Engineer: 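This structure shows pilocarpine in complex with Cytochrome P450 2A6.
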Amino acid sequence: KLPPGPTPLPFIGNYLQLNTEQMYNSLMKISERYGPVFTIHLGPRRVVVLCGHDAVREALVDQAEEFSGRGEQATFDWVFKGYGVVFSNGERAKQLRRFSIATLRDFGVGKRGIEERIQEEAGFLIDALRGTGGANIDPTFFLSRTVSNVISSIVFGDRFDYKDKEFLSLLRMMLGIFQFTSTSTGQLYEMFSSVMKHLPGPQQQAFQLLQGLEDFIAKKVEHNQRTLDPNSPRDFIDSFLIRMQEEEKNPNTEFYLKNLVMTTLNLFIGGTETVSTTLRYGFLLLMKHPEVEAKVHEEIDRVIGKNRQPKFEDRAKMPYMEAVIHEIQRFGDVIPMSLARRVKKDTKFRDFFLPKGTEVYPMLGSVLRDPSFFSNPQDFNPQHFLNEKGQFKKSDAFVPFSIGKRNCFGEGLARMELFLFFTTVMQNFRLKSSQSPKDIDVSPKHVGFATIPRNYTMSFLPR
Ligand code: HEM
Ligand SMILES: CC[C@@H]1C(=O)OC[C@@H]1Cc1cncn1C
């Protein structure tokens, strides 16, 4: 009655069928044998796996409510423990998601306000990139300081100074955690956390980075409590603390300190790491494909010029830039197995029985690379989202933010960030790799919870 899958052994589950260094490939290799919907055992953790566009959409959209429960990511749940928007369920999820979405809008997300903040911030990236004097540099922290400063703008009330040593520290913590969760040890941790959380190893270093990010948030919150004005909120934290006051006589309220610290931490991490990684992978992809970079320059110079900052409405007159970013996201596949979902109830799904609480892995990478939706799925080719005529061609398999009821509500900010950061860098600079185009490896360095591109250096040269 459960979907078919390979026979597990007691406790270790399907250990013998999985290579934890390549979870995505192992699962895809299993899906080739069993079909697109299968049951896998991550140790004693039973998970149903959805591969391909049709399986992912049929579950997450066509049966949206049923598949709207949140599952586990054990590394991250070490600190969160079900608190905060991302890892919450039921009433807690309803309440925090509604609040988060509305308070981000109040602070300019999808509005003129945040567009101005992003333009300013891009401005500061531009100056910082000129300041290398065309140097061969690691762009990791330049990109990530810039990106993080936007969400930090919204949640903490001010940006970080690029020279701030504590800022760099947090960014290393973030990079560190995503790194770990995409290593074989990270993925074994997903299978055997109840043992491994008590064992020395890279787990312990990852928990310590998570604890450092937690301590920094709770000290930012403590500061806000001590200085709050209930009639003029400075930031997201302020808004949340005001609601905590209004709610202190509701006995069943989800608005309390632990949910504030953990939601704020979801936002800070969310709004920092994915867009940053996307950009870094982006500049690698473009350096590997000079023909695509040249076509980008052409369009920016024609539609925008050189005399001003790019804006968000510029998107509508720029078919090719939209297709490069969509293709960057589709190739990049930054979060390849989504965040895990779970069935809210005993559930019937295309002739299988899913008991209440069964964890579900929507293989977003299998949709981004579904050969029914994309011609040569393993090639970076911006034409994947283009008319024969050259107009922007959408895709139902374009799913890097997932779909359904618990879909990324950061999509709006991220899309605005990607566009303005990519064009404003492209307008002001051309990209020059440390090796020739043919010797650049664009294959990932780590794939697990995230797709992590290889360490590289590059140069930014003015036009
Ligand atoms: C390149 C950019 C981004 C990518 C690829 C991405 C990807 C994802 C994915 C795959 C999920 C899981 C959704 C699901 O379970 O169906 C998610 C959820 C989430 N994301 Fe993002 N995201 C991005 C940007 C952002 C930004 C900028 C923020 C914060 C401003 C953010 C915050 C969140 C939050 C809070 C959730 C939890 C949704 C929920 O459980 O209700 N993300 N994102
Ligand atoms: C594993 C959950 C991570 C967290 O703490 O909150 C969001 C984050 C994952 C994520 C979702 N959207 C972008 N990111 C980087």
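Starting from 1, each residue takes its place in the sequence as its number. Heads up, header says this was done by X-ray crystallography, 2.4 Å. What's counted below: heavy atoms across the whole structure, side chains too, no hydrogens, waters or symmetry copies. Whatever order the structure lists them in is the order used to number ligands and atoms, beginning at 1.
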Engineer: Can you list every ligand or chain that belongs to pilocarpine?
Structural biologist: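 Counting all copies, it's at ligand 2.
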Engineer: Please identify which atoms of pilocarpine (ligand 2) are closer than 4.0 Å to at least one heavy atom of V86.
Structural biologist: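 Counting atoms of pilocarpine (ligand 2) from 1, those under 4.0 Å from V86 are 6 (O), 7 (C).
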Engineer: Taking only heavy atoms of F80, which atoms of pilocarpine (ligand 2) are found under 4.0 Å from at least one of them?
Structural biologist: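 Those qualifying, in numeric order: 5 (O).
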Engineer: Starting from atom 13 (C) of pilocarpine (ligand 2), which protein heavy atom do you reach first, and at what distance in Å?
Structural biologist: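 Of the protein heavy atoms, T274 OG1, 3.2 Å lies nearest.
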Engineer: Look at pilocarpine (ligand 2) and say whether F449 reaches it with a heavy atom at a distance under 4.0 Å.
Structural biologist: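 Yes, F449 has a heavy atom closer than 4.0 Å to pilocarpine (ligand 2).
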Engineer: If you count the atoms of pilocarpine (ligand 2) from 1 in the order shown, which ones are under 4.0 Å from a heavy atom of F87?
Structural biologist: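 Close to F87: 1 (C), 2 (C).
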Engineer: For atom 8 (C) of pilocarpine (ligand 2), what is the nearest protein heavy atom, given as residue, atom name and distance?
Structural biologist: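 Of every protein heavy atom, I269 CG2, 4.1 Å lies nearest to atom 8 (C) of pilocarpine (ligand 2).
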Engineer: Could you tell me the residue and atom name of the protein heavy atom closest to atom 10 (C) of pilocarpine (ligand 2), and the distance to it rounded to 0.1 Å?
Structural biologist: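 It is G270 CA, 4.3 Å.
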Engineer: Please state which protein non-hydrogen atom is closest to atom 1 (C) of pilocarpine (ligand 2) and give its distance, to 0.1 Å?
Structural biologist: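 Nearest neighbour among protein heavy atoms for atom 1 (C) of pilocarpine (ligand 2), to 0.1 Å: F76 CD1, 3.1 Å.
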Engineer: Of all the atoms in pilocarpine (ligand 2), which lie at a distance below 4.0 Å from a heavy atom belonging to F178?
Structural biologist: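 Atoms satisfying the 4.0 Å criterion: 15 (C).
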Engineer: Which UniProt substrate-site residues in chain A are within 4.0 Å of pilocarpine (ligand 2) on a heavy-atom basis?
Structural biologist: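 Counting heavy atoms against the UniProt list, it comes to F76, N266.
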Engineer: To which protein heavy atom is atom 4 (C) of pilocarpine (ligand 2) closest, and what is the distance rounded to 0.1 Å?
Structural biologist: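 So the nearest neighbour among protein heavy atoms is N266 ND2, 3.7 Å.
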Engineer: State which residues lie within 4.0 Å of pilocarpine (ligand 2), judged on heavy atoms.
Structural biologist: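 By heavy-atom distance, those would be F76, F80, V86, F87, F178, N266, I269, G270, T274, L339, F449.
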